[PDB]
Student: 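Structure uploaded - trametinib bound to Dual specificity mitogen-activated protein kinase kinase 1.
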Amino acid sequence: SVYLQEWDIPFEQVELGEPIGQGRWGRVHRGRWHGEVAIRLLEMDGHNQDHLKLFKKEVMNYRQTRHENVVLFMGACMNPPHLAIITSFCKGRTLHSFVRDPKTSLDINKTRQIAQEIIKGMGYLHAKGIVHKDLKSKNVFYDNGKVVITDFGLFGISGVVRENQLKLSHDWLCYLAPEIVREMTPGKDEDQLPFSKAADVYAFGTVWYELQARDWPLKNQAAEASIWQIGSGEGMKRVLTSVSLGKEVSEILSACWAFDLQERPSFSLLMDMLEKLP
Amino acid sequence: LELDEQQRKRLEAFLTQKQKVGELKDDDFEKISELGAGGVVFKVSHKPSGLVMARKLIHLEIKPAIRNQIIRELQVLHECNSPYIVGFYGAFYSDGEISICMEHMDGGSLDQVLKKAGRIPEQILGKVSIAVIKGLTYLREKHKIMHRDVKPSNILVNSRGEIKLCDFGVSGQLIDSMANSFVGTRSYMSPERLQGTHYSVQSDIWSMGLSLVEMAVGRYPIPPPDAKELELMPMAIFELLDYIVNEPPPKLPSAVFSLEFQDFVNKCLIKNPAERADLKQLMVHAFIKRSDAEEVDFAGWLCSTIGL
Ligand SMILES: CC(=O)Nc1cccc(-n2c(=O)n(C3CC3)c(=O)c3c(Nc4ccc(I)cc4F)n(C)c(=O)c(C)c32)c1
Ligand SMILES: Nc1ncnc2c1ncn2[C@@H]1O[C@H](COP(=O)(O)OP(=O)(O)NP(=O)(O)O)[C@@H](O)[C@H]1O
Ligand SMILES: Nc1ncnc2c1ncn2[C@@H]1O[C@H](COP(=O)(O)OP(=O)(O)NP(=O)(O)O)[C@@H](O)[C@H]1O
Ligand SMILES: [Mg+2]
């Protein structure tokens, strides 16, 4: 059991507001710390089966983080089985809904600067040994220039959320690297998948593609089709040839989506690649 | 088509019963029993009218404006009627879920029938092939729609001896709007569809062939059983899918089944869909001609293995 009085941020009160979406990781409520915050409500059936021990470990790790491109992790109180994760609230639009708005005007300069900010944030996390499982355009926020990363390290938690057949979305598959898709099998939980620093730079490639094409690489297929296409690597080979964008642009997209994970660059390397660009 | 006179009879008897209700609401229905989980489908009692129907429940939280478009596309399904297509009664929106109420087929699905029988004999599978072929031709010729999801769990039977197709792909908007699809342990998708290239009804023909092998042998045939396992008669999803794309297709054992039956499935499971038989070629295959002229009391076999 850890409470809100152990945190860097002076805590006195916190009022829940309207919810703003449900997912397989509890419910997220717009809150008010004198500043608005995001409150994620969880339930853990794991009756002290090292789940809480792991939760205490990971949450304390989040405490030692602060960066202008990453959400400000504020507090995490656990009165088991009910847990809560409080994050700074990002105003503005998600990068998902931002790039798909017709009125939005992105250019080769705006696209470069946005990616740099994301790499800077993702670089900080990797430097701290924090693997950002679940990186995608829905978990990145833009507000007239300011770019923030959201919901990092959330998949390391083993809370309750369902049957035998696997439960997958399409927006998620486009960010999943082949090493992960191959290991997917029924009765297997998200914690068992091989997320890594390489899995994050792969998902950054799908983000980089979204910055160019304003859509995801694979037209909405049956999930089974999307599995083999990604797990075989053939799918990313077709979409890379199917439309050209630019040798410099396609260079880093072919780099991040490399099938052999060790051929994927680090984020510090990606900062330089984004420099030598139009 | 090639409509029989009696098929008109049972069609019309359904279409007389159609008008026996006008509107639908949640409280019209009383849960009789649970059928299976997928959406979930329940045997239900309709109270405004004595008809017993099957109500399948698909849970979705999405906005009203898109919903009226899905439903108006879905109303076209009241138009298709065939002795090989489960009858449809209506669609509505209620309490966070679209309910589809349709004809109740008292024998269930071929998966649950196979579970009870152990294996399905060759002669029954001949009658099933004709019904499937004619259903797909009907959908192609009259409404220009492919099924897209043919498999044993979606082939229903009754004690009258009718065989009907369900769960086909009528709404383009509904496919795209469903963000979250569900994968399981068995896949019946054809190779060409899995690689994301152009596809047609040919992919349904593969699905029929593969479904037939499962039911003929009593086991999902990927991966193939070993030598000693066919006598007696833990894999990740990507391993299965890559088997379908790269390894030779499954085939029937050469001892216990006729050449017409073996050749038929082989023509269905050719991986290149341009060489795979089409509906016109299938309609004229020796296997179908033999089955069509055979006298098999299908009702009696079904009732006796399922215990009425
Ligand atoms: C990405 C992708 O490929 N999606 C996809 C691919 C193929 C199929 C479906 N699809 C589906 O799977 N079902 C099954 C799960 C119950 C449907 O019922 C279903 C459906 N209803 C329905 C219609 C008629 C009768 I007679 C019974 C019914 F139930 N209509 C109207 C559809 O238009 C679709 C498109 C359905 C979805
Ligand atoms: N710090 C935040 N500021 C603003 N909105 C947030 C924040 N964190 C999460 N959200 C929103 O809360 C909602 C629920 O988030 P989430 O549970 O991650 O669902 P998701 O990201 O859309 N996909 P999933 O994680 O699988 O449920 C989404 O609409 C997010 O955009
Ligand atoms: N119209 C129906 N009448 C009677 N039983 C039905 C009907 N539809 C489904 N069932 C039964 O309910 C079970 C579950 O079917 P279903 O929900 O369709 O799962 P599924 O077909 O395997 N997946 P999907 O094809 O996407 O729906 C079937 O195996 C049948 O036994
Ligand atoms: Mg999120």
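Chain letters run alphabetically, one per sequence line, in listed order. Chain A is numbered as in the PDB entry; the shown residues are, in order, 600-760, 765-881. Residues displayed in chain B correspond, in order, to the PDB entry positions 40-77, 80-274, 307-381. Looks like X-ray crystallography, 3.3 Å, at least that's what the header says. Atoms within a ligand are numbered from 1 in the order they appear, just like the ligands themselves. Only heavy atoms go into these numbers, but all of them, side chains included; no hydrogens, no water, no symmetry mates.
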Student: For trametinib, what are all the matching ligand numbers or chain letters?
Tutor: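 At ligand 1.
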Student: Which other chains make heavy-atom contacts with trametinib (ligand 1) shorter than 4.0 Å?
Tutor: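 By heavy atom, the other chains are B.
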Student: For trametinib (ligand 1), which residues make up the site at a heavy-atom cut-off of 4.0 Å?
Tutor: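 Within 4.0 Å (heavy atoms), the residues are B/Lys97, B/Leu118, B/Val127, B/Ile141, B/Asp208, B/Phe209, B/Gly210, B/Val211, B/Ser212, B/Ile216, B/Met219, B/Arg234.
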Student: Within the displayed structure, which other ligands or ions place at least one atom under 4.0 Å away from trametinib (ligand 1)?
Tutor: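 Below the cut-off I see ligand 3 (phosphoaminophosphonic acid-adenylate ester).
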Student: Quote the name the PDB entry gives chain A.
Tutor: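 It appears in the entry as Kinase suppressor of Ras 1.
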Student: Write down the UniProt domain of chain B that holds most residues touching trametinib (ligand 1).
Tutor: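 Most residues touching trametinib (ligand 1) lie in the UniProt domain Protein kinase.
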Student: Could you tell which UniProt active-site residue in chain B is nearest to trametinib (ligand 1) and give the heavy-atom distance to 1 Å?
Tutor: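 Going by UniProt and heavy atoms, that would be B/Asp190, 4 Å.
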